[PDB]
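Terazosin:Phosphoglycerate kinase 1 complex.
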Amino acid sequence: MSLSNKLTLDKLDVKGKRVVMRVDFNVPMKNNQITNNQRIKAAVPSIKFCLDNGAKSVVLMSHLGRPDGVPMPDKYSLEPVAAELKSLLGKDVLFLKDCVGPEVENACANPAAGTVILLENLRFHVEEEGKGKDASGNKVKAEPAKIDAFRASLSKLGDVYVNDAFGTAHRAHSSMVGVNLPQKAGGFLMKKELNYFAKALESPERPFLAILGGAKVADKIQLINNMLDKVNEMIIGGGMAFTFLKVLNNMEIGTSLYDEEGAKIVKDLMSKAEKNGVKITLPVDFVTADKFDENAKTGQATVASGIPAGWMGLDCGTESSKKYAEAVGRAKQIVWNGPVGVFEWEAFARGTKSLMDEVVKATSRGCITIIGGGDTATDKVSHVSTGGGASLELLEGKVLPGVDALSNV
Ligand SMILES: COc1cc2nc(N3CCN(C(=O)[C@H]4CCCO4)CC3)nc(N)c2cc1OC
(Lines of atoms letter the chains of each structure in order from A; the text may use other names.)
(Lines give C-alpha, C1' and ligand atoms only; values in the text may rest on other atoms or scores of the structure.)
Protein backbone atom coordinates (compact mmCIF):
# COMPACT_ATOMS: atom_id res chain seq x y z
CA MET A 1 0.00 0.00 0.00
CA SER A 2 2.91 2.34 0.73
CA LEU A 3 5.11 4.24 -1.65
CA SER A 4 7.92 1.87 -0.99
CA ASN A 5 7.99 0.72 -4.60
CA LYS A 6 7.58 4.17 -6.16
CA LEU A 7 9.94 7.06 -6.93
CA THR A 8 9.62 9.64 -4.13
CA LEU A 9 10.70 13.28 -3.80
CA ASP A 10 13.49 12.45 -1.33
CA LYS A 11 15.34 10.46 -3.97
CA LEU A 12 14.49 12.88 -6.81
CA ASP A 13 17.18 15.34 -7.89
CA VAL A 14 15.63 18.78 -8.34
CA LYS A 15 18.70 21.00 -8.41
CA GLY A 16 18.51 23.42 -11.33
CA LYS A 17 15.21 21.85 -12.32
CA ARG A 18 11.68 23.10 -12.83
CA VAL A 19 9.28 21.08 -10.68
CA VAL A 20 5.65 20.91 -11.82
CA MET A 21 3.74 19.86 -8.76
CA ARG A 22 0.17 18.74 -8.41
CA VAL A 23 -1.21 19.50 -4.95
CA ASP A 24 -4.64 19.32 -3.40
CA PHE A 25 -5.51 22.92 -2.70
CA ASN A 26 -9.23 22.24 -2.87
CA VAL A 27 -9.95 23.95 0.45
CA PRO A 28 -13.24 24.92 2.13
CA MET A 29 -14.17 28.54 1.20
CA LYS A 30 -16.89 31.15 1.90
CA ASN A 31 -17.30 34.31 -0.21
CA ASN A 32 -13.87 33.55 -1.65
CA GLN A 33 -12.47 33.42 1.91
CA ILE A 34 -10.54 30.28 3.01
CA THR A 35 -12.03 28.62 6.11
CA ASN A 36 -9.63 25.72 6.56
CA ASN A 37 -6.10 25.79 5.24
CA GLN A 38 -4.86 22.36 6.38
CA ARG A 39 -4.49 21.13 2.79
CA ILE A 40 -2.26 24.13 1.98
CA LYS A 41 0.01 23.69 5.03
CA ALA A 42 0.24 19.95 4.35
CA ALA A 43 1.95 20.61 0.99
CA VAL A 44 4.55 23.01 2.40
CA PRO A 45 7.21 20.39 3.30
CA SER A 46 7.47 19.17 -0.32
CA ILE A 47 7.56 22.75 -1.59
CA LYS A 48 10.18 23.86 0.94
CA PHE A 49 12.18 20.76 0.08
CA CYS A 50 12.24 21.62 -3.64
CA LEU A 51 13.27 25.20 -2.80
CA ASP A 52 16.02 24.22 -0.30
CA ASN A 53 17.49 21.70 -2.75
CA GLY A 54 17.84 24.20 -5.54
CA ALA A 55 14.83 23.82 -7.74
CA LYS A 56 14.75 26.47 -10.46
CA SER A 57 10.98 26.72 -9.96
CA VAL A 58 7.96 25.08 -8.36
CA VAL A 59 4.77 25.26 -10.43
CA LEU A 60 1.70 24.39 -8.32
CA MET A 61 -1.54 23.11 -9.88
CA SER A 62 -4.84 22.07 -8.26
CA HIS A 63 -8.60 22.07 -8.62
CA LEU A 64 -11.05 23.87 -6.35
CA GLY A 65 -14.72 22.92 -6.04
CA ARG A 66 -16.51 21.57 -9.12
CA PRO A 67 -16.82 24.26 -11.81
CA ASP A 68 -17.27 21.37 -14.29
CA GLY A 69 -15.00 22.60 -17.09
CA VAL A 70 -16.18 26.19 -17.36
CA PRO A 71 -14.18 29.11 -15.98
CA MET A 72 -15.80 30.45 -12.78
CA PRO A 73 -13.17 32.89 -11.54
CA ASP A 74 -15.68 34.71 -9.34
CA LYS A 75 -16.66 31.58 -7.53
CA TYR A 76 -13.83 29.06 -7.60
CA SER A 77 -10.53 30.93 -8.22
CA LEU A 78 -7.35 29.72 -6.52
CA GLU A 79 -6.21 33.35 -6.27
CA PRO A 80 -7.10 33.46 -2.56
CA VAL A 81 -4.97 30.32 -2.14
CA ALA A 82 -1.88 32.06 -3.60
CA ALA A 83 -2.13 34.72 -0.88
CA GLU A 84 -2.48 32.08 1.82
CA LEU A 85 0.51 30.08 0.52
CA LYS A 86 2.67 33.23 0.51
CA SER A 87 2.00 33.81 4.23
CA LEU A 88 2.74 30.15 5.02
CA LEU A 89 5.85 30.06 2.81
CA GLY A 90 7.01 33.55 3.75
CA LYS A 91 7.78 34.03 0.06
CA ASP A 92 6.12 35.45 -3.08
CA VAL A 93 3.70 33.16 -4.94
CA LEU A 94 3.20 34.20 -8.57
CA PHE A 95 -0.46 33.59 -9.55
CA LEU A 96 -1.39 32.90 -13.16
CA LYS A 97 -5.00 33.36 -14.36
CA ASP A 98 -4.86 30.12 -16.35
CA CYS A 99 -3.17 26.70 -16.18
CA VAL A 100 -2.48 25.88 -19.83
CA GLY A 101 -1.73 27.74 -23.04
CA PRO A 102 1.14 29.76 -24.60
CA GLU A 103 1.16 32.47 -21.90
CA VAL A 104 1.35 30.00 -19.00
CA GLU A 105 4.02 27.96 -20.85
CA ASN A 106 6.07 31.14 -21.55
CA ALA A 107 5.66 32.11 -17.89
CA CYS A 108 6.96 28.71 -16.75
CA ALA A 109 9.59 28.05 -19.36
CA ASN A 110 12.58 29.37 -17.48
CA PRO A 111 11.72 31.27 -14.35
CA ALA A 112 14.20 32.99 -12.10
CA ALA A 113 15.68 30.59 -9.58
CA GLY A 114 13.42 29.96 -6.65
CA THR A 115 10.12 31.17 -8.14
CA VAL A 116 6.94 29.59 -6.82
CA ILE A 117 3.99 29.74 -9.21
CA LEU A 118 0.35 28.80 -8.53
CA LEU A 119 -1.76 28.09 -11.63
CA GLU A 120 -5.50 28.88 -11.87
CA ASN A 121 -8.13 26.18 -11.18
CA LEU A 122 -7.49 23.11 -13.32
CA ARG A 123 -11.22 22.39 -13.54
CA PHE A 124 -11.89 25.58 -15.50
CA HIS A 125 -11.01 23.25 -18.41
CA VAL A 126 -13.18 20.27 -19.29
CA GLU A 127 -9.99 18.40 -20.24
CA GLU A 128 -8.88 18.02 -16.58
CA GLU A 129 -11.72 15.68 -15.59
CA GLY A 130 -12.28 14.58 -19.20
CA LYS A 131 -15.97 15.53 -18.94
CA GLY A 132 -18.18 18.20 -17.41
CA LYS A 133 -21.04 20.58 -18.19
CA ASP A 134 -21.51 23.36 -20.62
CA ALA A 135 -22.43 26.88 -19.73
CA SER A 136 -26.04 25.86 -19.89
CA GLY A 137 -25.63 22.93 -17.59
CA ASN A 138 -25.71 20.14 -20.19
CA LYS A 139 -23.23 17.36 -19.70
CA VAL A 140 -20.35 17.41 -22.11
CA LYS A 141 -17.39 15.20 -22.88
CA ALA A 142 -13.81 16.35 -23.47
CA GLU A 143 -12.26 15.47 -26.87
CA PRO A 144 -9.22 13.13 -26.94
CA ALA A 145 -7.03 15.49 -29.01
CA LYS A 146 -7.84 18.41 -26.67
CA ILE A 147 -7.22 16.25 -23.61
CA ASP A 148 -3.85 15.32 -25.10
CA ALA A 149 -3.02 18.95 -25.86
CA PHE A 150 -4.14 19.92 -22.37
CA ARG A 151 -1.82 17.30 -20.87
CA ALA A 152 1.07 18.32 -23.13
CA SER A 153 0.68 21.92 -21.96
CA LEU A 154 0.83 20.99 -18.27
CA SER A 155 3.83 18.75 -18.94
CA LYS A 156 5.77 21.66 -20.50
CA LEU A 157 5.65 23.56 -17.18
CA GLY A 158 8.32 21.39 -15.54
CA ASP A 159 11.31 19.10 -16.06
CA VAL A 160 10.19 16.63 -13.40
CA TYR A 161 6.80 15.81 -11.87
CA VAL A 162 5.82 15.55 -8.22
CA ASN A 163 2.30 14.59 -7.10
CA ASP A 164 1.60 15.59 -3.48
CA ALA A 165 -2.17 15.66 -3.96
CA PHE A 166 -3.19 12.76 -1.68
CA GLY A 167 -6.65 14.27 -1.31
CA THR A 168 -7.18 13.89 -5.05
CA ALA A 169 -5.35 10.58 -5.46
CA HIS A 170 -8.59 8.67 -6.18
CA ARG A 171 -9.22 10.77 -9.28
CA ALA A 172 -7.75 9.76 -12.56
CA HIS A 173 -7.74 13.28 -13.85
CA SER A 174 -5.29 14.82 -16.33
CA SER A 175 -3.00 16.55 -13.80
CA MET A 176 -3.01 13.36 -11.71
CA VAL A 177 -2.39 10.54 -14.20
CA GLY A 178 -1.65 12.33 -17.47
CA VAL A 179 1.59 14.30 -17.07
CA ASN A 180 4.07 13.03 -19.61
CA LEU A 181 7.37 13.52 -17.86
CA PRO A 182 9.80 10.62 -17.41
CA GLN A 183 10.24 11.14 -13.68
CA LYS A 184 6.99 11.23 -11.73
CA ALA A 185 7.61 11.24 -7.96
CA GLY A 186 5.26 11.24 -4.97
CA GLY A 187 5.72 14.12 -2.53
CA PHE A 188 6.09 13.96 1.28
CA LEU A 189 2.35 14.26 1.96
CA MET A 190 1.52 11.45 -0.47
CA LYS A 191 4.29 9.37 1.20
CA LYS A 192 3.19 10.13 4.78
CA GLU A 193 -0.50 9.47 4.15
CA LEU A 194 0.28 6.12 2.50
CA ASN A 195 2.70 5.08 5.27
CA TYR A 196 0.08 5.64 7.98
CA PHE A 197 -2.74 3.85 6.15
CA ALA A 198 -0.40 0.99 5.07
CA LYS A 199 0.74 0.48 8.67
CA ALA A 200 -2.84 0.45 9.92
CA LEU A 201 -4.23 -1.81 7.21
CA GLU A 202 -1.42 -4.22 6.47
CA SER A 203 0.54 -4.32 9.65
CA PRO A 204 -1.25 -2.79 12.58
CA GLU A 205 -0.38 -2.88 16.19
CA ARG A 206 -3.21 -4.75 17.93
CA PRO A 207 -5.81 -4.42 19.19
CA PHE A 208 -6.71 -2.47 16.01
CA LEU A 209 -9.95 -0.49 16.40
CA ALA A 210 -11.88 1.06 13.52
CA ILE A 211 -14.31 3.83 14.41
CA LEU A 212 -16.80 4.15 11.54
CA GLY A 213 -19.35 6.96 11.69
CA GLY A 214 -21.23 9.06 9.14
CA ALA A 215 -24.72 8.73 7.78
CA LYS A 216 -25.60 6.30 5.04
CA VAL A 217 -24.84 2.57 5.24
CA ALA A 218 -25.32 1.34 1.67
CA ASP A 219 -22.23 3.11 0.37
CA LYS A 220 -20.08 1.90 3.27
CA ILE A 221 -20.83 -1.82 2.93
CA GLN A 222 -17.58 -2.43 1.13
CA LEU A 223 -15.64 -0.38 3.64
CA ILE A 224 -17.12 -2.23 6.62
CA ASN A 225 -16.56 -5.54 4.88
CA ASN A 226 -12.90 -4.89 4.21
CA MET A 227 -12.30 -3.45 7.68
CA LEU A 228 -13.89 -6.54 9.31
CA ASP A 229 -11.02 -8.51 7.72
CA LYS A 230 -8.41 -6.29 9.32
CA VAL A 231 -9.60 -5.02 12.69
CA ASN A 232 -10.02 -6.55 16.17
CA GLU A 233 -12.75 -4.12 17.27
CA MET A 234 -15.10 -1.79 15.45
CA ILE A 235 -17.27 1.07 16.68
CA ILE A 236 -20.23 1.67 14.34
CA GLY A 237 -21.69 5.07 15.23
CA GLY A 238 -23.42 8.19 13.93
CA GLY A 239 -26.41 7.87 11.64
CA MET A 240 -25.16 4.49 10.44
CA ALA A 241 -25.82 2.77 13.77
CA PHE A 242 -29.62 2.98 13.70
CA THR A 243 -29.80 0.56 10.78
CA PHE A 244 -27.88 -2.07 12.79
CA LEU A 245 -29.92 -1.35 15.96
CA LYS A 246 -33.26 -1.73 14.27
CA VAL A 247 -32.30 -4.94 12.53
CA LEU A 248 -30.22 -6.64 15.22
CA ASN A 249 -31.85 -5.40 18.40
CA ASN A 250 -35.46 -4.69 17.46
CA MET A 251 -34.91 -1.05 18.48
CA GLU A 252 -37.59 1.56 17.93
CA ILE A 253 -35.68 4.31 16.18
CA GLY A 254 -38.37 6.90 15.45
CA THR A 255 -37.58 8.99 12.40
CA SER A 256 -33.83 8.41 12.82
CA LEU A 257 -31.82 7.63 9.66
CA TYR A 258 -32.65 4.17 8.33
CA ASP A 259 -30.98 2.57 5.31
CA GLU A 260 -33.35 0.05 3.72
CA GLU A 261 -30.67 -1.18 1.30
CA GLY A 262 -28.15 -1.40 4.15
CA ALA A 263 -30.56 -3.31 6.40
CA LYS A 264 -30.48 -6.32 4.03
CA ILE A 265 -26.85 -6.99 4.65
CA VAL A 266 -26.58 -6.14 8.29
CA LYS A 267 -26.81 -9.70 9.51
CA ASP A 268 -24.20 -10.81 6.92
CA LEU A 269 -21.82 -8.14 8.23
CA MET A 270 -22.35 -9.24 11.86
CA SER A 271 -21.94 -12.92 11.03
CA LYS A 272 -18.62 -12.00 9.45
CA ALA A 273 -17.65 -10.02 12.56
CA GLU A 274 -18.45 -12.92 14.91
CA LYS A 275 -16.64 -15.45 12.77
CA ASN A 276 -13.60 -13.14 12.73
CA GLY A 277 -13.74 -12.50 16.48
CA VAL A 278 -14.23 -8.79 15.91
CA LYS A 279 -15.92 -7.04 18.86
CA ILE A 280 -18.63 -4.65 17.61
CA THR A 281 -19.52 -1.64 19.78
CA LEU A 282 -22.75 0.10 18.76
CA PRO A 283 -24.20 3.03 20.74
CA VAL A 284 -26.46 2.13 23.71
CA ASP A 285 -28.04 5.57 24.25
CA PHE A 286 -28.67 8.77 22.31
CA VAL A 287 -29.29 12.49 22.37
CA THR A 288 -32.66 12.86 20.66
CA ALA A 289 -34.32 15.77 18.86
CA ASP A 290 -37.89 16.52 17.81
CA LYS A 291 -36.73 17.98 14.46
CA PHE A 292 -33.60 17.93 12.31
CA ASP A 293 -32.55 21.41 13.51
CA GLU A 294 -29.67 23.09 15.39
CA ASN A 295 -32.18 24.48 17.88
CA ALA A 296 -34.49 21.48 18.21
CA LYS A 297 -35.88 20.35 21.55
CA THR A 298 -33.62 17.61 22.89
CA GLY A 299 -34.22 14.41 24.84
CA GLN A 300 -32.42 11.26 25.92
CA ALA A 301 -33.10 7.63 25.02
CA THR A 302 -31.46 4.20 25.26
CA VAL A 303 -31.75 1.15 22.98
CA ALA A 304 -34.13 -0.44 25.51
CA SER A 305 -36.48 2.56 25.84
CA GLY A 306 -36.56 3.36 22.12
CA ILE A 307 -36.61 6.75 20.54
CA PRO A 308 -40.11 8.04 20.85
CA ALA A 309 -42.72 10.01 19.10
CA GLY A 310 -41.38 10.79 15.71
CA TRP A 311 -38.13 11.86 17.31
CA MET A 312 -34.64 11.15 15.88
CA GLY A 313 -31.24 10.41 17.42
CA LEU A 314 -28.59 12.97 16.44
CA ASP A 315 -25.80 12.09 18.87
CA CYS A 316 -24.85 9.17 21.09
CA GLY A 317 -25.39 9.47 24.82
CA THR A 318 -23.22 9.56 27.84
CA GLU A 319 -23.07 5.78 28.30
CA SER A 320 -22.21 5.23 24.63
CA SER A 321 -19.28 7.58 25.16
CA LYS A 322 -18.14 5.28 27.99
CA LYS A 323 -18.36 2.17 25.77
CA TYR A 324 -16.48 4.04 23.04
CA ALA A 325 -13.91 5.17 25.60
CA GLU A 326 -13.34 1.57 26.77
CA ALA A 327 -12.74 0.39 23.20
CA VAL A 328 -10.33 3.30 22.66
CA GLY A 329 -8.69 2.33 25.97
CA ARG A 330 -7.99 -1.16 24.64
CA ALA A 331 -6.67 0.01 21.24
CA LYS A 332 -3.02 0.15 20.22
CA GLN A 333 -4.04 1.30 16.72
CA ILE A 334 -7.07 3.42 15.81
CA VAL A 335 -8.55 4.49 12.49
CA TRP A 336 -11.45 6.95 12.80
CA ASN A 337 -13.51 7.75 9.70
CA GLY A 338 -16.91 9.43 9.84
CA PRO A 339 -18.53 11.40 12.65
CA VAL A 340 -20.51 9.80 15.49
CA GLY A 341 -22.93 12.70 15.91
CA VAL A 342 -24.12 15.90 14.24
CA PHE A 343 -21.33 17.91 15.84
CA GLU A 344 -21.79 21.08 13.76
CA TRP A 345 -24.64 21.65 16.18
CA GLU A 346 -23.51 22.09 19.72
CA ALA A 347 -26.43 20.18 21.30
CA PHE A 348 -25.24 17.10 19.34
CA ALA A 349 -21.46 17.59 19.54
CA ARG A 350 -20.80 16.02 22.94
CA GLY A 351 -20.32 12.51 21.58
CA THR A 352 -17.73 13.72 19.12
CA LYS A 353 -15.87 15.89 21.66
CA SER A 354 -15.62 13.15 24.29
CA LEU A 355 -14.44 10.67 21.68
CA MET A 356 -11.76 13.05 20.35
CA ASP A 357 -10.68 13.50 23.98
CA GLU A 358 -10.29 9.75 24.32
CA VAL A 359 -8.37 9.48 21.05
CA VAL A 360 -6.03 12.31 22.11
CA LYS A 361 -5.40 10.59 25.46
CA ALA A 362 -4.69 7.28 23.71
CA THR A 363 -2.14 9.00 21.50
CA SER A 364 -0.34 10.34 24.57
CA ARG A 365 0.16 6.80 25.87
CA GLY A 366 1.46 5.54 22.55
CA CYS A 367 -1.63 4.57 20.59
CA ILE A 368 -1.25 5.03 16.84
CA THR A 369 -4.14 7.29 15.90
CA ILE A 370 -5.39 8.08 12.40
CA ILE A 371 -8.37 10.40 12.05
CA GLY A 372 -10.01 12.02 9.05
CA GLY A 373 -10.01 15.80 8.76
CA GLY A 374 -13.27 17.70 8.36
CA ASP A 375 -16.34 15.44 8.28
CA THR A 376 -15.00 13.15 11.06
CA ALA A 377 -14.42 15.74 13.81
CA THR A 378 -13.71 19.42 14.48
CA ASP A 379 -2.02 17.46 16.03
CA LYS A 380 -2.49 15.72 19.35
CA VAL A 381 -3.08 12.58 17.26
CA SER A 382 -0.58 10.61 15.16
CA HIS A 383 -2.01 11.48 11.73
CA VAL A 384 -4.86 13.69 10.57
CA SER A 385 -5.59 12.81 6.94
CA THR A 386 -6.04 15.47 4.32
CA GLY A 387 -7.99 13.06 2.22
CA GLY A 388 -11.50 11.98 2.91
CA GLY A 389 -12.68 10.46 -0.33
CA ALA A 390 -9.17 9.22 -1.01
CA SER A 391 -8.69 7.53 2.37
CA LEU A 392 -12.15 5.93 2.01
CA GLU A 393 -10.91 4.23 -1.17
CA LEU A 394 -7.85 2.93 0.70
CA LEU A 395 -10.01 1.74 3.58
CA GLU A 396 -12.16 -0.16 1.09
CA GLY A 397 -9.04 -1.87 -0.28
CA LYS A 398 -9.06 0.00 -3.61
CA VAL A 399 -6.18 1.28 -5.73
CA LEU A 400 -5.27 4.98 -5.96
CA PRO A 401 -4.85 5.96 -9.64
CA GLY A 402 -2.81 8.99 -8.57
CA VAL A 403 -0.41 6.59 -6.84
CA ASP A 404 -0.22 4.00 -9.66
CA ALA A 405 0.66 6.68 -12.22
CA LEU A 406 3.97 7.37 -10.42
CA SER A 407 7.32 5.95 -11.64
CA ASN A 408 8.55 2.73 -9.97
CA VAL A 409 12.04 2.51 -8.46
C1 LIG B 1 -26.50 9.94 15.33
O2 LIG B 1 -25.69 10.50 14.40
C3 LIG B 1 -26.25 11.03 13.27
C4 LIG B 1 -27.60 11.08 12.94
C5 LIG B 1 -27.97 11.68 11.77
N6 LIG B 1 -29.23 11.74 11.37
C7 LIG B 1 -29.56 12.31 10.30
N8 LIG B 1 -30.91 12.39 9.87
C9 LIG B 1 -31.22 13.16 8.73
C10 LIG B 1 -32.55 12.74 8.17
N11 LIG B 1 -33.51 13.05 9.12
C12 LIG B 1 -34.74 13.74 8.76
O13 LIG B 1 -34.96 14.04 7.62
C14 LIG B 1 -35.73 14.07 9.82
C15 LIG B 1 -36.84 14.98 9.44
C16 LIG B 1 -38.04 14.16 9.70
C17 LIG B 1 -37.48 12.83 9.41
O18 LIG B 1 -36.33 12.90 10.23
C19 LIG B 1 -33.22 12.72 10.48
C20 LIG B 1 -31.99 11.85 10.60
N21 LIG B 1 -28.77 12.82 9.49
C22 LIG B 1 -27.51 12.82 9.74
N23 LIG B 1 -26.62 13.41 8.85
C24 LIG B 1 -27.00 12.23 10.94
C25 LIG B 1 -25.67 12.18 11.27
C26 LIG B 1 -25.32 11.58 12.44
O27 LIG B 1 -24.08 11.46 12.91
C28 LIG B 1 -23.06 11.71 12.06
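Position 1 is the first residue of the sequence, and the numbers go up from there. Just follow the structure's listing: the first ligand is 1, and inside any ligand the first atom is 1. Note: hydrogens, waters and symmetry copies are ignored here, and every other heavy atom, side chains too, is used.
- Within a 4.0 Å radius of atom 21 (N) of terazosin, the protein contributes one or more non-hydrogen atoms.
- The entry's source annotation for chain A reads Mus musculus.
- With distances taken over non-hydrogen atoms, the option nearest atom 1 (C) of terazosin out of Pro339, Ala241, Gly238 is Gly238.
- At a 3.5 angstrom cut-off on N or O pairs, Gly313 does not count as close to terazosin.
- Here no covalent bond ties terazosin to a chain.
- Scanning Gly351, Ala215, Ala296, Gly310 for the heavy atom closest to atom 23 (N) of terazosin points to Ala215.
- Under 4.0 angstrom from terazosin, the non-hydrogen atoms of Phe242 all belong to its side chain.
- Not a single heavy atom of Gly213 sits closer than 4.0 Å to an atom of terazosin.
- UniProt's ADP-binding annotation for chain A and the heavy-atom shell under 4.0 Å around terazosin share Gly214, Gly238.
- Each of the atoms 1 (C) of terazosin lies under 4.0 Å from some heavy atom of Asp315.
- With a non-hydrogen cut-off of 4.0 Å, the residues around terazosin amount to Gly214, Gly238, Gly239, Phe242, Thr255, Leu257, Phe292, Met312, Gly313, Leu314, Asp315, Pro339, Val340, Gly341, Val342.
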